[PDB]
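Beneath this line is the structure, given in structure tokens, with notes to follow.
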Amino acid sequence: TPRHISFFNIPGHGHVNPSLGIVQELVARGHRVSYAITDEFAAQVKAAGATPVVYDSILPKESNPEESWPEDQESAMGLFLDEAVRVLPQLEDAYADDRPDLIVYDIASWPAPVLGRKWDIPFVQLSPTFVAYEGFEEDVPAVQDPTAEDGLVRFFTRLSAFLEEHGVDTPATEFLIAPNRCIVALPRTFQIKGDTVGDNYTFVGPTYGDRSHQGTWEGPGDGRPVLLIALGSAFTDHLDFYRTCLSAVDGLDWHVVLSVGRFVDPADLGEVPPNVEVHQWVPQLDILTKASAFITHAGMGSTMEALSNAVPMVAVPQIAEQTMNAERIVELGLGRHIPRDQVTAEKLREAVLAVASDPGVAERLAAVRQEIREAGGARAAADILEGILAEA
Ligand SMILES: CO[C@H]1C[C@H](O[C@H]2[C@H](C)[C@@H](O[C@@H]3O[C@H](C)C[C@H](N(C)C)[C@H]3O)[C@@H](C)C[C@]3(CO3)C(=O)[C@H](C)[C@@H](O)[C@@H](C)[C@@H](C)OC(=O)[C@@H]2C)O[C@@H](C)[C@@H]1O
Ligand SMILES: O=c1ccn([C@@H]2O[C@H](COP(=O)(O)OP(=O)(O)O)[C@@H](O)[C@H]2O)c(=O)[nH]1
């Protein structure tokens, strides 16, 4: 019997993209899927087969170059709280006459447990990044409730007030980091201390789907190796870095696709070498199916798309989460890590050439690609959700 499954997410490609393979699988299985997101993402969600439930957000739009995310967790958590306050009633109104049978929610979609409780329906977290392992709060002490110093006190005070007002008695830190049930969009082997993560998490590897909505990328079709350079969907405002990349690839016998993000006008790079094409935004997944190397910020989505395609990486992280991902890449022998303020043209060139030609890296990428093929993906995730629906 078809059920109504609602996805709650936040307006960022790194949070939305992994969910879409699960949407596509659920729709294929005959379920009615609705998807709470902003207008910016409605067309993409529609293409996946879901009905958008559009809400108004105060979060920085990845399409608006006049605003950006903060780099620090403290500020970001404040933003997600204020957004939760404002989004909660919008979703309650939208679903008033048509409550879902189950909610699948992103790590930052804090209205979900509130409404799951209110509506007495199951709610399952979908994590696009690594989850809390044994001792997590010591490594990431911003999640510890102290009740920048004043800022964290103010945040926890306000978070506790929100939760209590809306009938959630879960202690604040637990609310933030310990979901009752979570489907994780990476394999356990990549997860930091994955062996210490308990059975309320299931690691299914990347869950991205058919991204035909983005269309195809047409390569030169000359047999030359293709390098993708892309720093994700958020922390991309790095003109000097992109100029350094141009110098790095000049005279390289490779085709290069350079994605510069929404903050940088491609014309501000000037004349680019003849082997380079520059865009603000590219069909990254399609290009990664054709690529021989990838200069990446090591966001989890980008990491998992590359690994699914056995593409070696040179990681230049922006925020701490990405540094942790880059360290895992190094530890697993899948690429190189060059910290942001240690980048030069020569270093980038040497790294790309080294990772793309290393037979040991190639062997390890082949192994990891197979692990991902075995992890279960969107099929396993949909199975888990259907098991919950069978009871609910
Ligand atoms: C290890 O250091 C990390 C720790 C933490 O990295 C986060 C995450 C990924 C950040 O999101 C990112 O925030 C930046 C600002 C924008 C970005 N994009 C939308 C563009 C977004 O994905 C958070 C702020 C989002 C958030 C609200 O759910 C939380 O803070 C919660 C309570 C969170 O701690 C738990 C679920 C634990 C188990 O997960 C994590 O610690 C991940 C790894 O915050 C990062 C800023 C630090 O770099
Ligand atoms: O030009 C681009 C740049 C990024 N992406 C997609 O945006 C997502 C970025 O997510 P990630 O987790 O790597 O990083 P974040 O944007 O969260 O920092 C991935 O799915 C990419 O395929 C894309 O399609 N085209």
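Chain A is numbered as in the PDB entry; the shown residues are, in order, 11-157, 179-423. Counting convention: from 1, in listed order, for ligands and their atoms alike. Note: hydrogens, waters and symmetry copies are ignored here, and every other heavy atom, side chains too, is used.
From the options venetoclax, rifamycin SV, oleandomycin, quizartinib, the one located at ligand 1 is oleandomycin.
Here the macromolecule bound to oleandomycin (ligand 1) with the most contacts is known in the PDB entry as oleandomycin glycosyltransferase. The source organism recorded in the entry for chain A is Streptomyces antibioticus. Within the structure, oleandomycin (ligand 1) has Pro80 among the residues with a heavy atom less than 4.0 angstrom away. For atom 25 (C) of oleandomycin (ligand 1), the choice among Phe266, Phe90, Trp120 with the nearest heavy atom turns out to be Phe90.
No part of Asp149 comes within 4.0 Å of oleandomycin (ligand 1), judged by heavy-atom distances. Among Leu207, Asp82, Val141, the residue whose heavy atom sits closest to atom 31 (C) of oleandomycin (ligand 1) is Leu207.
The nearest non-hydrogen atom to atom 29 (C) of oleandomycin (ligand 1), considering only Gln83, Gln135, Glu93, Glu81, comes from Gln83. Within the 4.0 Å heavy-atom criterion, the part of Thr139 lying near oleandomycin (ligand 1) is the side chain and not the backbone. The site surrounding oleandomycin (ligand 1), defined by heavy atoms under 4.0 Å, contains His25, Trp79, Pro80, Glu81, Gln83, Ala86, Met87, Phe90, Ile117, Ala118, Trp120, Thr139, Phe140, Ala142, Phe146, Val153, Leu207, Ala265, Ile350, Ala351, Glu352, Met355.
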